[PDB]
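The model presented next includes Bestatin.
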Amino acid sequence: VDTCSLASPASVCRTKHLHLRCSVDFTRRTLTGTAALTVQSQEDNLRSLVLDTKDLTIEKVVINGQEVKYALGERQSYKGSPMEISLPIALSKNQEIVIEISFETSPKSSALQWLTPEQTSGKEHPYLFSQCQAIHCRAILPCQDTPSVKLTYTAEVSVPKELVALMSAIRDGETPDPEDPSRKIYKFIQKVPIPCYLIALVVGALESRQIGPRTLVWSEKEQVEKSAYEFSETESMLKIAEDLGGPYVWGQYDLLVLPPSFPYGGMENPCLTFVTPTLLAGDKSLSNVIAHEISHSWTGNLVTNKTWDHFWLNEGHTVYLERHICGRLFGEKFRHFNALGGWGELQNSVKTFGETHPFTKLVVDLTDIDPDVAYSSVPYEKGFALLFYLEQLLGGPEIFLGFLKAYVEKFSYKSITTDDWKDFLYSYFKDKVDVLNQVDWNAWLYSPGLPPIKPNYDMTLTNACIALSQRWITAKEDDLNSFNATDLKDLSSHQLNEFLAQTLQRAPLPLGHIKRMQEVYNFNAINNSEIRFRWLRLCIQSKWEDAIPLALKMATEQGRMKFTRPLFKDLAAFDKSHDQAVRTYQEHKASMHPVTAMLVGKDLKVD
Ligand SMILES: CC(C)C[C@H](NC(=O)[C@@H](O)[C@H](N)Cc1ccccc1)C(=O)O
Ligand SMILES: Oc1ccc(CCc2cc(O)cc(O)c2)cc1
Ligand SMILES: [Yb+3]
Ligand SMILES: [Yb+3]
Ligand SMILES: [Yb+3]
Ligand SMILES: [Zn+2]
């Protein structure tokens with residue numbers, strides 16, 4: 001059972017297709033239109049069914065050309081309001097009908113961010129973008145909002161004619177809107193069955209530049225050139241991903257670089273991955289995020305977690321493939337470096353949560369828990385650690401990539417649980433079952449805390465980071481003189497980032513050490529967002545008042561939650577900046593992304 005959804009489950013009925021016809025009204029900040037669901041009964045004598053909704057206004061529900069009775073249940077917090085529809089004729093098993101629902105969204109849709117012209121690059125036009133994962137699609141349209149159900153879709157979207165609509169689907173043409181010549185209608189087709197969390201829409205002043213045989217980059221005009229360069233390795237990553245996962249089935253792989261308030265580094269919307277402009281480091285150094293979202297084209301979008309309790313299946317396998325792509329491009333030592341960094345992030349998460357916390361388990365129970373609140377690095381890095389351990393247990397990366405490809409083939413177009421995975425693992429490695437029975441399954445899958453076994457990691461690229469961080473940590477006042485810009489001479493941006501991650505784990509350091517570090521390394525000049533993030537964190541946690549405006553500026557001028565949440569939390573923890581931190585949140589709150597606003601508020605214990 002999907003405890004995050006109020007809709008009829010897949011055992012009762014299944015949505016096969018959605019046809020969406022809607023109009024984007026920037027004046028009212030509403031999407032208005034009709035969602036036509038092709039629904040297949042899985043039961044004999046089926047007479048009603050229930051859909052998820054959230055802050056939607058339902059005008060009517062039409063079946064066989066007649067309006068039918070429906071009822072909106074009481075709101076259940078972040079789950080929204082269940083919508084029961086009374087079918088006019090009882091359905092037999094496997095019978096399909098079409099239900100057309102006329103609806104309109106709320107300007108406060110938690111799926112959507114509506115941006116004024118000032119919040120964009122061009123300053124002339126507004127902009128809208130969606131973010132449905134995990135359970136926000138119900139805030140756009142009535143659906144069975146669960147990844148246990150996969151459906152194809154088509155859509156016709158009317159927007160002001162000077163703007164462009166894109167969706168997680170193949171572009172199917174554009175025309176003037178017959179009902180309003182100030183508007184265009186953009187059409188879309190997604191022929192591959194997907195979970196509804198993968199439905200996505202952007203509307204804005206978008207331009208495109210081709211960067212590979214199946215990839216355009218889309219953004220506002222002022223970011224197109226830089227994005228084309230930043231993401232030029234995209235085709236080479238697709239090719240390696242295909243080698244590891246099997247055929248890329250989705251047609252196009254385009255990229256959309258969103259405005260800075262986009263709450264995530266990336267989102268694997270099929271045919272059109274969304275990314276944060278905070279990837280635009282200028283040197284392609286943050287391109288692992290592209291490798292990662294590309295990997296979802298197999299692990300997540302093709303093989304999908306059946307409920308959100310099993311999210312690690314999505315994320316852990318994806319981080320596993322991500323790291324192989326980057327290992328192919330840059331070497332096995334680099335794969336190990338990033339693998340070990342991830343174990344470090346898992347250390348941080350488990351320390352933050354506490355080693356007995358329920359959300360340090362690999363498989364969790366999200367009953368009564370808002371997924372946006374439970375979200376962390378655990379499913380990512382504890383999932384990846386399990387896979388990496390198993391790789392090492394079962395004979396190495398070549399052997400384990402064999403399993404990964406077979407696993408993708410086996411479960412393509414399906415939604416599965418941890419036991420499905422484990423079951424196939426045992427079937428695939430049936431000649432190594434005695435070895436598999438040596439794994440402590442209950443601990444890995446179901447216990448809180450760090451995993452029972454740490455994998456083995458090559459240290460080559462990590463050693464210099466640890467060495468420098470330990471120099472700083474053990475330095476006394478009289479040792480500060482020995483530090484110099486030449487310390488960084490042979491470190492890549494990745495190593496500079498890991499140096500800062502190591503040092504941040506021991507924060508605070510003495511204020512004089514941090515001032516010296518700015519003195520000799522000039523980290524204030526680094527605009528790499530990962531590096532700047534950790535640096536400002538280290539500065540604020542070490543109580544350097546100079547870094548306060550820098551941390552505030554970064555927290556507000558972009559809204560990637562990975563950066564914005566810990567910066568606000570750090571600033572609220574520092575007595576000198578606490579009052580400014582809450583005031584600044586209060587001031588920005590109305591124009592923030594709705595999920596980010598909610599989480600930062602809880603973080604800060606404000607409103
Ligand atoms: C390299 C990755 C770890 C980057 C990471 N992005 C992802 O994991 C995306 O694939 C996720 N789909 C982001 C996400 C997860 C849950 C709910 C909403 C959005 C991110 O930081 O955004
Ligand atoms: O969008 C989503 C989807 C799933 C979740 C739940 C993710 C999770 C899994 C886990 O094993 C441990 C966690 O601490 C958190 C959170 C957000
Ligand atoms: Yb066509
Ligand atoms: Yb079995
Ligand atoms: Yb000394
Ligand atoms: Zn992911």
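Numbers here simply count residues along the sequence, with the first being 1. We use all heavy atoms of the structure for the numbers below, so side chains are in, but hydrogens, waters and symmetry mates are not. Whatever order the structure lists them in is the order used to number ligands and atoms, beginning at 1.
Counting every copy, the structure places Bestatin at ligand 1. Structurally, the greatest contact with Bestatin is made by what UniProt calls Leukotriene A-4 hydrolase. Nearest UniProt active-site residue in chain A relative to Bestatin (non-hydrogen distance, 1 Å): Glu293, 2 Å.
Between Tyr380 and Bestatin, at least one pair of N/O atoms sits closer than 3.5 Å. Counted by heavy atoms under 4.0 Å from Bestatin, the UniProt Zn(2+)-binding residues of chain A that qualify: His292, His296, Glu315. The closest protein non-hydrogen atom to atom 5 (C) of Bestatin is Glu293 OE2, 4.0 Å. Protein heavy atom in closest approach to atom 14 (C) of Bestatin: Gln133 OE1, 3.5 Å. In terms of polar-atom proximity, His292 is counted as a contact of Bestatin, with an N or O under 3.5 Å from an N or O of the ligand.
Residue-to-ligand polar distances place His296 within reach of Bestatin: an N/O pair is separated by less than 3.5 Å. Contacts between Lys562 and Bestatin, counted as non-hydrogen atom pairs separated by less than 4.0 Å, are absent for every part of the residue. In this structure, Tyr197 falls outside the shell of residues with a heavy atom less than 4.0 angstrom from Bestatin.
The list of other ligands and ions under 4.0 Å from Bestatin reads ligand 2 (5-[2-(4-hydroxyphenyl)ethyl]benzene-1,3-diol), ligand 6 (zinc ion). When chain A is restricted to the residues UniProt lists for peptide binding, the ones with a heavy atom within 4.0 Å of Bestatin turn out to be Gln131, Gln133, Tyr264, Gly265, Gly266, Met267, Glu268, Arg560.
The organism reported in the entry as the source of chain A is Homo sapiens.
In terms of protein heavy-atom proximity, atom 12 (N) of Bestatin is closest to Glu268 OE1, 2.5 Å. The protein heavy-atom contact nearest to atom 20 (C) of Bestatin is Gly265 N, 3.6 Å. Distances from atom 18 (C) of Bestatin to the heavy atoms of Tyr264, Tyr375, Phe262 put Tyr264 nearest. Protein heavy atom in closest approach to atom 13 (C) of Bestatin: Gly266 O, 3.4 Å. The 4.0 Å heavy-atom shell around Bestatin contains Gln131, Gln133, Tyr264, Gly265, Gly266, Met267, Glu268, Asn288, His292, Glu293, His296, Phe311, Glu315, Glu322, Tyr375, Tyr380, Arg560.
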Show the short N or O contacts, below 3.5 Å, that Bestatin makes with protein N or O atoms; if there are none, say 'none'.
unit_1, atom_1, unit_2, atom_2, d
Bestatin, 6 (N), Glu293, OE2, 3.1
Bestatin, 8 (O), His292, NE2, 3.2
Bestatin, 8 (O), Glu315, OE1, 3.4
Bestatin, 8 (O), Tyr380, OH, 2.8
Bestatin, 10 (O), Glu268, OE1, 2.8
Bestatin, 10 (O), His292, NE2, 3.3
Bestatin, 10 (O), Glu293, OE1, 2.5
Bestatin, 10 (O), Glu293, OE2, 3.2
Bestatin, 10 (O), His296, NE2, 3.1
Bestatin, 12 (N), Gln133, OE1, 2.8
Bestatin, 12 (N), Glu268, OE1, 2.5
Bestatin, 22 (O), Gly265, N, 2.7
Bestatin, 22 (O), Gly266, N, 3.2

